[PDB]
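Among the contents of this structure: sotagliflozin.
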Amino acid sequence: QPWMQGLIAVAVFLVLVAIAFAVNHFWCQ
Amino acid sequence: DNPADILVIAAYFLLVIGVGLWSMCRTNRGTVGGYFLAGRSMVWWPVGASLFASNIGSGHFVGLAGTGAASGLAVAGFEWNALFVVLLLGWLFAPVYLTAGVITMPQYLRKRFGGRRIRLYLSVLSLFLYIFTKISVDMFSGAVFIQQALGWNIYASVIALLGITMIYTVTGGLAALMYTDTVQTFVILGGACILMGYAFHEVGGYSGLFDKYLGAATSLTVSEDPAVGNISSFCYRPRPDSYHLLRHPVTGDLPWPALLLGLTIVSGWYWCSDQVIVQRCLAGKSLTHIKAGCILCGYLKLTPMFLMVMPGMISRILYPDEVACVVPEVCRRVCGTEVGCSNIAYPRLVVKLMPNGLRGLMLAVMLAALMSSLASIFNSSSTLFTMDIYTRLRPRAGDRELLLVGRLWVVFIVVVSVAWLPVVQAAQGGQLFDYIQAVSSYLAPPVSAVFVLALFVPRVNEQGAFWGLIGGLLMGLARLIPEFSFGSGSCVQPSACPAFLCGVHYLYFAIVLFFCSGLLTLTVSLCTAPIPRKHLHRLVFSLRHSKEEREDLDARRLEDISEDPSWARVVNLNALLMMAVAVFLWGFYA
Ligand SMILES: CCOc1ccc(Cc2cc([C@@H]3O[C@H](SC)[C@@H](O)[C@H](O)[C@H]3O)ccc2Cl)cc1
Ligand code: NA
């Protein structure tokens with residue numbers, strides 16, 4: 001199904017932006 | 001010859017003259033700031049509409065629909081990489097170039113490293129890139145669309161187009177061009193949506209494209225020429241991964257690691273290190289207006305897969321014996337190019353699907369695309385030459401002589417392009433769109449490699465940056481010269497290029513060349529003595545908020561890139577949403 005591929009892509013993207021907020025919050029301050 | 005077509009072509013000219021006249025009546029073009037950087041006064045919608053219209057040419061219509069017909073939908077790769085890399089422009093590079101107070105991108109490297117030699121080198125490489133990879137594609141694709149749609153003389157018509165974009169360029173500067181590009185983006189998107197509509201109606205919807213495309217083979221697959229004979233089933237049948245962006249990493253026509261890395265690298269030069277796009281980002285009223293326009297451009301850069309690529313695939317379904325020809329005799333009869341006829345895809349949908357009135361609109365679309373792109377190149381090259389080269393030859397120049405020399409360079413770059421038009425007409429079919437993207441992947445990664453180290457790694461010094469660029473030109477020129485030596489041929493007539501040179505996709509050589517320029521720049525930097533921080537304030541991403549007194553290796557209201565935290569909140573949340581939509585659409589077609 002294409003719609004599932006799209007949503008998995010967005011899910012992994014929101015995981016990576018949550019990781020970006022984690023890394024700069026613990027490692028820039 | 002239709003009353004309607006002629007009226008629709010002159011309503012378009014009245015809009016372009018109307019907004020030009022309003023802009024010149026508003027803005028000041030007696031100063032260098034005004035004429036070259038719009039007085040630093042442009043708001044979000046001019047910035048983004050300009051970034052879109054400066055990018056999208058006649059080559060997008062001819063190239064992306066051509067390649068869409070030929071190979072299916074992974075050329076949307078080109079346009080969609082841009083969403084991610086226009087976020088880079090705003091959030092990472094333009095902060096630094098607005099605090100550096102630079103007018104040209106060679107001037108940034110002068111301020112950052114401090115030799116005479118890097119700024120001159122970059123100007124001359126930039127000017128040749130604009131002749132080879134930007135002007136050539138616009139002249140070529142214009143000539144395809146005139147030859148097919150109109151049937152006029154493709155010498156006279158290119159001269160007349162090039163002449164009127166000369167007058168449109170020299171008459172007002174960036175200000176006029178940006179505000180006008182807000183019209184030209186509306187005209188481009190409007191007419192392109194109307195043609196998308198007629199096309200998708202003809203094949204019977206979106207469902208119709210995806211159940212008819214893989215069947216869309218020509219029925220003329222046997223030659224009258226000895227030592228050709230029966231054309232292979234590999235090269236007239238459509239590619240069986242045609243509906244997938246992410247193609248096989250070793251045997252794909254566009255391998256997915258090559259798409260994602262190699263286009264992020266070359267797109268990084270194009271969007272973030274290149275005077276044509278970055279002049280739209282040095283003419284903004286504020287950094288928050290630059291970030292807003294980055295998002296408008298990025299949402300607009302989705303549109304090209306649905307407005308050029310899919311139309312071209314609908315063209316292969318509707319005219320398979322003319323758009324998907326493989327026999328040399330047949331291709332010589334159809335489009336005058338023995339090596340294929342993909343390029344007529346968009347031109348042929350326009351000349352067969354549009355009624356009496358809207359053919360004129362689609363001529364307005366291609367004219368809008370071509371005019372916007374050539375004017376953006378002629379203005380940016382004007383700035384590049386005038387500011388960098390003419391102030392080396394005459395230092396005590398001053399803001400009047402510089403405008404005269406800026407307008408006389410536009411005349412010179414038009415005449416050089418006229419002289420270069422027969423060479424680009426020597427490129428035969430859709431090979432040219434492979435040539436341009438290959439030359440980009442051989443020259444630009446060294447420039448991408450310096451600007452990322454000039455901006456993010458303050459240890460890198462002038463000797464490093466210079467030998468980085470020249471080491472790169474040397475590695476890159478290896479591929480370019482040995483390739484152009486054996487030409488291209490086709491799928492029917494494979495070239496004799498030894499495979500180790502060719503068989504590595506040019507987007508993979510982009511990645512290797514970037515890391516080799518990077519490693520050389522870092523190695524020569526780390527051997528030689530560094531640049532201290534008193535030389536580096538407000539010119540490195542680390543030091544873009546400094547307030548300390550820089551010491552130039554070469555008023556304060558441009559130095560300040562603080563935005564209102566409410567408006568910052570808004571552009572930061574729209575960027576994440578725009579990324580989420582881009583990622584969803586890459587998932588959908590991967
Ligand atoms: C097989 C190749 O066929 C094609 C590749 C690209 C295009 C459209 C095109 C795109 C670009 C830009 O290319 C840069 S990378 C230099 C990207 O960053 C940017 O988003 C693109 O708009 C430049 C010229 C052209 Cl003709 C057509 C055919
Ligand atoms: Na354009």
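Each chain gets a letter, A, B and so on, in the order the sequences are listed, and its residues count up from 1. Read the numbers this way: they start at 1 and go in the same order the structure lists the ligands and their atoms.
One finds sotagliflozin in this structure at ligand 1. The chain sharing the greatest contact count with sotagliflozin is, according to UniProt, Sodium/glucose cotransporter 2.
With a cut-off of 4.0 Å on heavy atoms, the other chains touching sotagliflozin are B. By heavy-atom distance, the transmembrane segments of chain B falling under 4.0 Å from sotagliflozin, counted as UniProt counts them from the N terminus, are 2, 3, 4, 7, 8, 11, 13.
In the structure, no covalent bond to sotagliflozin is made by any chain.
For sotagliflozin, the heavy-atom contacts closer than 4.0 Å come from B/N55, B/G59, B/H60, B/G63, B/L64, B/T67, B/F78, B/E79, B/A82, B/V137, B/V266, B/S267, B/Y270, B/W271, B/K301, B/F433, B/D434, B/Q437, B/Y506.
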